[PDB]
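Along the sequence shown, residues carry numbers from 1. Start at 1 and go down the list; that is how both ligands and their atoms are numbered. The deposited model was determined using X-ray crystallography, 3.1 Å.
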Amino acid sequence: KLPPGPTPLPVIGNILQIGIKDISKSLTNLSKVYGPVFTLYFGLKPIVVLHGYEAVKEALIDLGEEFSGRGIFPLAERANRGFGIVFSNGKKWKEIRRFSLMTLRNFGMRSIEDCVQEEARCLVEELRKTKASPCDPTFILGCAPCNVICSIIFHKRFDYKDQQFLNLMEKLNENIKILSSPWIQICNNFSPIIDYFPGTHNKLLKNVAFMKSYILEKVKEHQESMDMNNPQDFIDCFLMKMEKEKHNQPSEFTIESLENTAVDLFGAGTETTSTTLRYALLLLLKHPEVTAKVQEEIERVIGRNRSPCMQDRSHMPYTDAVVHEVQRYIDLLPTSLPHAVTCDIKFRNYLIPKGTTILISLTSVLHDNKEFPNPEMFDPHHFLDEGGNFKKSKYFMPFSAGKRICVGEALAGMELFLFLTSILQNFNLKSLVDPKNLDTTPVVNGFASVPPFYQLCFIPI
Ligand code: HEM
Ligand SMILES: CCCCc1nc(Cl)c(CO)n1Cc1ccc(-c2ccccc2-c2nn[nH]n2)cc1
């Protein structure tokens, strides 16, 4: 029956072995005793944990349908985000996920690459407006992805210093901070707390309600300026599918599921790329040896004149490896989002019940020691053959794997490559703190490995 694991005390669960400051380390430590597959108690919730590449693959690729559910911790239950993609399950999941994926496979035409590449030219124009005086790249580096997303969801685009984008951005930023908070790790060993005590959980819920409301403005006002014969973004295409569905009659595609899908994409797309850029620049300040080898390639292959394009990546194996190494090293979502099993499933001779939540240690894979010697070192040679050519890796899965893999895997692949090479063709990065001195350590890591405060100067070439 349920796999091995430390015996959980009767209310607190296994909180005293896993702790609250650093879940993914503890999960790594417990695995060194209970093994690849074991069982924790977050209060009274059993959580099967999966550790090796071999255990993670077998579960998500090989029993892919049985592990393709979405485990719901509570905060998400009260946030009220079950319709649409991230937090939904079952049929509603599959219908909306295939639709959403289908409608992102194409933008009007304008290709998504043209959308990104233009946004990289607006980012460069705002790194120009800092007049090389030292800044915190947080709100600039967030506005680039956010714009790309806003263009896809509802067409519009924010001015980089628009006061309305600035709320949304810090609210997204604050929410991820809070979700990685120790206090939120106490809120999951005691789900009643969430409804009776005064803390940061209550603000996260406020902020979530805000974006939800904001998106719903946009979605109402899209319904009127309708025009079947002519839609021009995601929200329109979704409303068209709502009309193409009267045969189905009982929903699948409500406004409520639109409202939600739009906010899943808008938050996930902004904050996760945003955070990844921010840390990239942070790792480039820390390793100027690398930042140079990258800027050589850019000057050699792309000029200093024309926009970089995605065709450039195959002739830039250093820059391709650096971009991979950032995502591997930083380990943005150490334990992915939690899965759940859809039916009862016998797995590695154990038999887990329908519902049982599952954690994928993605750190366990990204920071594998065989596949990646000295995994805790940021080294772009982790992704380069002896020749000096890019080597792919089955162990590079920051977007997860299986049937619930990142819906935006490819869009994000582009946003990183194009925004980073656009910055580094036009700017030298001056750290205003000795590289020997700044630490690159996440300041918290519950949900997400969020980076430290830093500043830098964007000095043109
Ligand atoms: C570096 C950038 C990104 C990273 C590292 C990332 C990572 C992830 C991860 C780990 C998941 C968990 C999926 C799972 O295992 O269940 C996920 C899900 C998701 N990501 Fe991304 N993501 C990124 C960018 C984006 C972008 C740009 C979008 C744009 C829509 C996006 C949309 C989603 C959505 C909708 C899900 C829900 C997955 C599902 O339920 O099917 N992500 N992402
Ligand atoms: C649990 C609280 C309710 C869910 C929720 N509604 C909204 Cl709106 C947000 C954004 O702050 N959130 C939080 C949220 C955090 C991460 C994600 C996410 C999902 C898939 C892939 C990446 C991310 C992500 N976004 N930012 N960091 N990680 C989505 C929503």
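Sitting at ligand 2 is the drug losartan. In the deposited model, the macromolecule with the most close contacts to losartan is named by UniProt as Cytochrome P450 2C9. Here no covalent bond joins losartan to a chain.
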